[PDB]
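Structure of bortezomib (bound form) in complex with Proteasome subunit beta type-1.
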Amino acid sequence: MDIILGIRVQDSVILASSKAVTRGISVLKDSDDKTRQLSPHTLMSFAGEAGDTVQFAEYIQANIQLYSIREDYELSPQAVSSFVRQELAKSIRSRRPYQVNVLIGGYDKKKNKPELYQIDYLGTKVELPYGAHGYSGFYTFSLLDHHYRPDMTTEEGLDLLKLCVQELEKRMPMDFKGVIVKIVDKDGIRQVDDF
Amino acid sequence: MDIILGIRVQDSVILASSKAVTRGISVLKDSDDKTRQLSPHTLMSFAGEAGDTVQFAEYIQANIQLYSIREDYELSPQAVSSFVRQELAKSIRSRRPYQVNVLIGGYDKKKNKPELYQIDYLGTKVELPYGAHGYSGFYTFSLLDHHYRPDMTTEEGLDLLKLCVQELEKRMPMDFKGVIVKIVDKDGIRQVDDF
Amino acid sequence: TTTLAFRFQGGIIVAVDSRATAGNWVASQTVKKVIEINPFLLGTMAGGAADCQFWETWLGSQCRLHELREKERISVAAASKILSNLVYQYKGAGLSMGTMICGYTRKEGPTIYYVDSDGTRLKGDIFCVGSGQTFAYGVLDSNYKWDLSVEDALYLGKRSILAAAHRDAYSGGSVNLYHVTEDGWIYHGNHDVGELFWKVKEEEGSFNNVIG
Amino acid sequence: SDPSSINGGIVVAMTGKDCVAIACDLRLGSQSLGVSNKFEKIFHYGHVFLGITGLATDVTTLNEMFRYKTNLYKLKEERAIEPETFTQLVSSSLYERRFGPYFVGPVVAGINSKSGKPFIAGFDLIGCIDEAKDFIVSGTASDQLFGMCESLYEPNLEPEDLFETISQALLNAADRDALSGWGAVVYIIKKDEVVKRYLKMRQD
Amino acid sequence: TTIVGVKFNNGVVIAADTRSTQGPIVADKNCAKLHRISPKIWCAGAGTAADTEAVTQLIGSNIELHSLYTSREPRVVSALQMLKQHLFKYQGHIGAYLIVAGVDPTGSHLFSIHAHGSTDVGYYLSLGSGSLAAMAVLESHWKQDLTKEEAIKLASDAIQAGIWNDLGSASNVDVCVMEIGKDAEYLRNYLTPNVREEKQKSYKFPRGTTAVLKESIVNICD
Amino acid sequence: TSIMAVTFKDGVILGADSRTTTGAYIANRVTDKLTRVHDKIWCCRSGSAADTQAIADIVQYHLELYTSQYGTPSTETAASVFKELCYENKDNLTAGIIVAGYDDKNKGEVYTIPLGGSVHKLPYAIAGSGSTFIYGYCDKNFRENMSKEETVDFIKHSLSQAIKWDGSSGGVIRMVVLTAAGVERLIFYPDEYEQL
Amino acid sequence: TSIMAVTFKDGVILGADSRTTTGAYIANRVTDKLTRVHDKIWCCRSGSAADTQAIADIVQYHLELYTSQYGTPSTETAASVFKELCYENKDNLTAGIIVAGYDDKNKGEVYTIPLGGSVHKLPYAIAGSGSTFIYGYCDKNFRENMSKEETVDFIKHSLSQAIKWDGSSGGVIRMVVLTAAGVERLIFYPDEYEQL
Amino acid sequence: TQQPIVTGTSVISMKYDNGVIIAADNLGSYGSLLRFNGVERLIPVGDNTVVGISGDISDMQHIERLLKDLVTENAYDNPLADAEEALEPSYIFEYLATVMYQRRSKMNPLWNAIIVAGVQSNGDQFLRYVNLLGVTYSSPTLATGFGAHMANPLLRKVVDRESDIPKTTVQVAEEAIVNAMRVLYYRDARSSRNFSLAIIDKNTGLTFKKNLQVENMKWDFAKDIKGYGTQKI
Amino acid sequence: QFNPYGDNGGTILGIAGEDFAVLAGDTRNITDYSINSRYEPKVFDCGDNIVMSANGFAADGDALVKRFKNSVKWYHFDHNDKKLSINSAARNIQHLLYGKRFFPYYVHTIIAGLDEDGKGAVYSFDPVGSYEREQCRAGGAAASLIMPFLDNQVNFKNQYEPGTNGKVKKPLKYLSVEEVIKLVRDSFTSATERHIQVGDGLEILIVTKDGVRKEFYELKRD
Ligand SMILES: *[B]([O])([O])[C]([C][C]([C])[C])[N]C(=O)[C]([C]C1=[C][C]=[C][C]=[C]1)[N]C(=O)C1=[C]N=[C][C]=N1
Ligand SMILES: *[B]([O])([O])[C]([C][C]([C])[C])[N]C(=O)[C]([C]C1=[C][C]=[C][C]=[C]1)[N]C(=O)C1=[C]N=[C][C]=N1
Ligand SMILES: *[B]([O])([O])[C]([C][C]([C])[C])[N]C(=O)[C]([C]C1=[C][C]=[C][C]=[C]1)[N]C(=O)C1=[C]N=[C][C]=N1
Ligand SMILES: *[B]([O])([O])[C]([C][C]([C])[C])[N]C(=O)[C]([C]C1=[C][C]=[C][C]=[C]1)[N]C(=O)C1=[C]N=[C][C]=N1
Ligand SMILES: [Cl-]
Ligand SMILES: [Cl-]
Ligand SMILES: [Mg+2]
Ligand SMILES: [Mg+2]
Ligand SMILES: [Mg+2]
Ligand SMILES: [Mg+2]
């Protein structure tokens, strides 16, 4: 798919992901949720080749849910991100690699810290304060470089995210039909229904 | 460029043309007028390869304006469309052809009739009640097939044109930044400033 | 390459970077991507160094010949169109140019034209051209207003290039500023990014991802 | 397309008098787009230091692999691995992927705990050992680094002098490379103390 | 790379240069291109460096185990056969071009192996980018019934021809001498044309020249 | 490469040049292309040196193991082992081999195995890049039941011309004589055969 | 194609096969590849039939006009006109021509002009696809100052072998004799030359 | 753009104390076929210059005619054609070098490598190279094709730099050239035993030697070489 | 297919002083792994106190230099023996290069001399005519090795003043001709070590108000 953004503020991680699904000349859907909850305090957004994106996300989801049941314990975002990276790093040298780029937004309940990880289809992991995949970063990183702070509130994070989406809506050629925004914090995961 | 539409109603021809100019990854402009007045009662919209479009349109414009001064007389839309077709038909077998598709909307003052001509870069001319170039027709011709009449008013033509633009905005992947609409009738050419 | 130019209350702001590359190799950090066509016209340079340099200094010769024959300053529209018509003749041959022809005349006021080696000629209020154009657009679009002071507009243009110099690998070196008014252009210095970055970071409180 | 120059980055190592130094930039990008300025390329397993340039996913993978192997080595051998031995382990491990290699340019640096002798070594992506006395370079600005090292370097430098030489080699080489920079780290290594310094450099 | 092998009346001598290159860049100014397969069997290698090192050690390992199994000194034809059959297996993808030499209970031997697995026999041989310079010297000065001292000179003269005239060859000259009845003598940097020349200047920096942001002690201990 | 094998009254003689080339560079000017797969069964090799060596080595192994179980093999049997390898691996090989041997029962026999892996029993055979230039000469001058001296002259003259015209051929002319008497090796240097 | 020209005591003789092929189909089995550019200057044609005809026609025109102005041209002059066309148009031609002629001053002369457009004056020359197989035979059997009958036998035997081995060559063996006596055409059929 | 058909291999040359030597074999190859065995590839221009040409023979014959025409043209209205205004090696070279680069710039090159060897009016030795690309260079030793790889190393052992030229005699130089020609016959698959050699001395003038042969060849050691490794018989 | 271009190796270096300028370049000429000449001059005196070098494909380099020298000659004829200023020469060369924009001179051109105020000047060109006045510029094969060294040792990049720790830069003091020649020699000695196409000899042309002087130094011949 197209645009997926992530921003880590003081006490939460915010993921924004486009709603459009365009197969060639037609926009088939304008309300697609490009994300999966891996665990109560860990969310993963994704974008890449059709089919592979969802197949990969649900495969990861299942594995983390299996771990959670076996140990009666939630893995740290760092641990989940490392598991995901390894799967992609294994995948890139497969017969047919997963063509999927992901952002992993999680709240570590042990450290009481939000954490954002950006991983591409090669298995290239980086922890960031804010991240993006595809052409999104080309427009949005300049704004985030200017406006971002580590001590921002969730509301300020959302306002800065609106400024990113506005810039994308102005300068990007493709109509991505807005974004679904989700917040990950100590209380879990919730969706901002008005954006 | 991208989307150009034309519709011939009872007493006028209406041309709608997208405002976006996208050079690669960025939308450089969102207020571009993809049209030239060839004579007081003849308007030509255009779309194709960058540079060629404007270069061709202005070349045609100059030629028709030269004719107008020499004869102190306005050529019929049919005559202008035939001149334009010949230039493109000459062009297609040139060293470097004009990669330009045009719609010519004119009001024939002699016959008191609106006339719409669709001509592609090969020099393929057809007179139509409504026309389009590029991927626009794929969405819009079904609506026009259903809703169009030869006896429609200009206001009804504009309402039917809004329905076309709405469908394009819903299903086309590219954000073409709306359209500039222009009406060609017995009183000349005018622009609808609110659309 | 990152170049920008935008219209506002106090005329035009033009800001460019200084980097030139050959693959991953940084060939130069001291390139002049602004050409002073005359006391009222500026041209920005992006793409092929030789193509832009050669044809923009040639453009100056044509503009000079115009005002000799017509006893009048050439319009920004006419000057830009001389360049666009020229490159259009060479279309397909492989010229690589992304330019902004910026200036001020009485009849036009402050005017900017985007001229392209594909033959594209566009009039507008804001333009960013080059490999780092997207980075510059972000800062510009979120802070632009018509009612900006020459001082604030200059800083915005300078800051928008800095943003691009940081993120774009093929942009950087230093920032050249120009301000175009009713009485001509005015150079506003060369600003090394190696000093400007740390200065802006400290004073502005931005760039919190980098450590310093 | 070229895997060794997608992410970008550099590593350099130098020997001094009873000391070694290893340094790296902090950039990780996706071609022209800079992504991270905290991507360190130097790791250590006990007292042996390993710098790795090239494709970032492999940099990460190999680090995790050599941590894995040096940890088992230690459990069985009941001692930490030495630079000379680790060098052979890196070569072995790379060559086993001869026809499906890791796209990397590793650099080993450290001091032998028994002899006290300073040691550096470089490799190609498939295991060939370059065991230089003076210096080792790696990455997208290796040509630049070779020129800087070959002119600036002199033998038997003291730890605090070696720091200046290697830092200036890296910095000026990175500033002539579009895909290197965005910060830098220098490790100064002595027989029983190691100092890590982050350098201030231009952020473009 | 210039590598050479010359037979003499009571043994055989091997030689090589010491340059390694990535394109036009010099990677190592003192690469050791002479390898030990067994104590009295050495081979010189050109081509892909990792392949020459790896294939030389693998066969060296198997030769050692074979020697122990058979309770005998290893032969040169055994190394030759093991090497060529391995290189052939990989249809030239293992870029090892070798000159194999040694003494064993059968006598003294000199061979060459190409990456595809073809072997040759001779009294004098050369491989590498500088092989043509070296062979021109060998074809001009070789005679049969050489002494140990004459053969070493001929070999090192051949290696010099490559050093000067071939851009892929430079720096020092390594030699190894395998004589019958004697221990093999590996002559690392047998010839060093004299050196680098002192540099007009010293570029040692003033301490504090480099700007620093942070410092910390690294915990290497357990 | 210029190779040939010729049957005569007392047995068979194999002949070959000694040039190995990498493009236009002569990598070896004293090559031995006459190789032994059994006491009195030899072959002439043309094409890839690596392929023809590997094949010959495998054949020698097969005939050595044959001999240990069933006694001395026939020349026809040796040719069949060559054929089996060349035919079954025809996609991956570039080998043109002439097999020649001496039995007491069958006397001198010659089998040629070109690129495809086909076998052809002949009175004499020529192969290699330089063979093209001596098809006319060899056809005109060959006779059956020649003497040893006549056959040596025939091979010497034929390969002399092949060498003269083919750049891929040169050096010395090696020959191997196979008779009841035993195995004799011959060599002829440029100064001898060039003046013919 | 198998063509050759041979100088001898009384003059020169040209020889050629008569096969024209389109792939493996013999489009013409009775072709005349011996063509006349002047009374006693002829040529042998190999390569493209269209190219070699066009060239020969142009040469005949040049020598006809030469003769009208300056009298009978030399064989060397004819070869130069061939060369000029073949050399200057080397990118667009596929022609291998042998020029042979008889002067009273110079007697029999032979010039060969291969693909590149170079000229080579020789005692005798062979060309065409089938020439490859008779380099050895022709080199061994050619003598200078042969008789007419010896030269006819030399050409007949040589082309017989060239035809035997080359599939692009065949049919009849045509010959043209150039002497002071005049111009004599000879022909030799398969039944005659195959049994040689 | 073309491809070479009938070709000539190495041309080797070197300076010595009183002049220059140049040599080249008499072969005209046609791919792997050693087609023409009597080709002169050394072409003298006057009594002070020799042009050695390798590569495409048809282009060589064209150049040969240009040089012949150059001599004729220089004589026109020139009373000093056999004296002060005679053709120098430097004139002949520069002409060829101009033609070669012009032809490469039209993408229709003369597929050759040329060495102009001669002695100037003031007695100075002239030796310079030019090829199909119009690339030119001068050195105490010059060689084309395989000669560059095999001959130069041998000739450079005699004259390694400019200061070795006055110390090198014509006998030593000729000896080195003749040895190099032997080595090329051992190792170049497109060489012939027969060759031509030319000496241009400032005292004795132009000495052009034809029908030379490679002699004193070592082949006897071939008898001892058996098999390709393990074979003993 | 015919490739009209070639690579003759070599490396050049121009440094502008306060009242002088130097243009240096090695004297080695190569193709692939072979040396054509150990002494083939690459930097030329073009008259009017201007020195020039066109490094890369020697045929195009020689052609360009030849044409520019010719341009100087005709500039004298057409403009009453007026001296061609270094800035005027630079612009003239841009037009020579760009004239072949669609079939370029495959060379990196540098010129050096003095400006009209008597100060040292160096101009650098790309193959298709883009140019810029610089204080320092290396060109050719080993340019990537040398330029960073010059950024550090001529413009004092990344160098600060001890004690201040990154706050105060090393001041940009002017360099003497003796100091510049040391940097040039060390640059070419370093380049020779790590680049195979660089060596044999170094020739430097120094330009002052008094005229053009030459200096020659040996380099390693391997
Ligand atoms: B900029 O990147 O467009 C820049 C502008 C120019 C005026 C210096 N161009 C370059 O850096 C180009 C390469 C390039 C990089 C990225 C996008 C487009 C083009 N470099 C050159 O033209 C050049 C000129 N001389 C020497 C080396 N490189
Ligand atoms: B010599 O040229 O044969 C030499 C032999 C010696 C070094 C073992 N070879 C090399 O130096 C090779 C050249 C080469 C480059 C690229 C692909 C294949 C071969 N060098 C290396 O293998 C090499 C060594 N270290 C780092 C990188 N490459
Ligand atoms: B002969 O030319 O066919 C010869 C016979 C071989 C058994 C020594 N072959 C070669 O010389 C081949 C190349 C070749 C030339 C002509 C036709 C077919 C093949 N050479 C090699 O196999 C070779 C060359 N250099 C190194 C190793 N092997
Ligand atoms: B001979 O084979 O070269 C022959 C000589 C020609 C003068 C009659 N040429 C041909 O037969 C050619 C094909 C060819 C075969 C072998 C080598 C080169 C060319 N044939 C034709 O030109 C031809 C075939 N069919 C119709 C017309 N022309
Ligand atoms: Cl062999
Ligand atoms: Cl015909
Ligand atoms: Mg149509
Ligand atoms: Mg940058
Ligand atoms: Mg060398
Ligand atoms: Mg037939």
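Just so it is clear: chains get the letters A, B, ... in the order the sequence lines come, proteins before strands, and each one is counted from 1. All ligand and atom numbering here is 1-based and tracks the order in the structure. This depiction is restricted to one part of the PDB entry, and every contact reported falls within that part. Values reported hereafter were calculated over all heavy atoms of this structure, with side chains retained and with hydrogens, waters and symmetry mates removed.
Tracing bortezomib (bound form) through the model gives ligands 1, 2, 3 and 4.
Other chains within a heavy-atom distance below 4.0 Å of bortezomib (bound form, ligand 3) are, by letter, E, F. The entry describes chain E with the name Proteasome subunit beta type-2. This entry records a covalent bond between bortezomib (bound form, ligand 3) and F/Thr1 OG1. Using UniProt active-site annotations for chain F, the residue nearest to bortezomib (bound form, ligand 3) and its heavy-atom distance (rounded to 1 Å) are F/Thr1, 1 Å. The residue-level binding site of bortezomib (bound form, ligand 3) (heavy-atom cut-off 4.0 Å) is E/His114, E/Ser118, F/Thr1, F/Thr20, F/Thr21, F/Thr22, F/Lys33, F/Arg45, F/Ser46, F/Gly47, F/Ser48, F/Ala49, F/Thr52.
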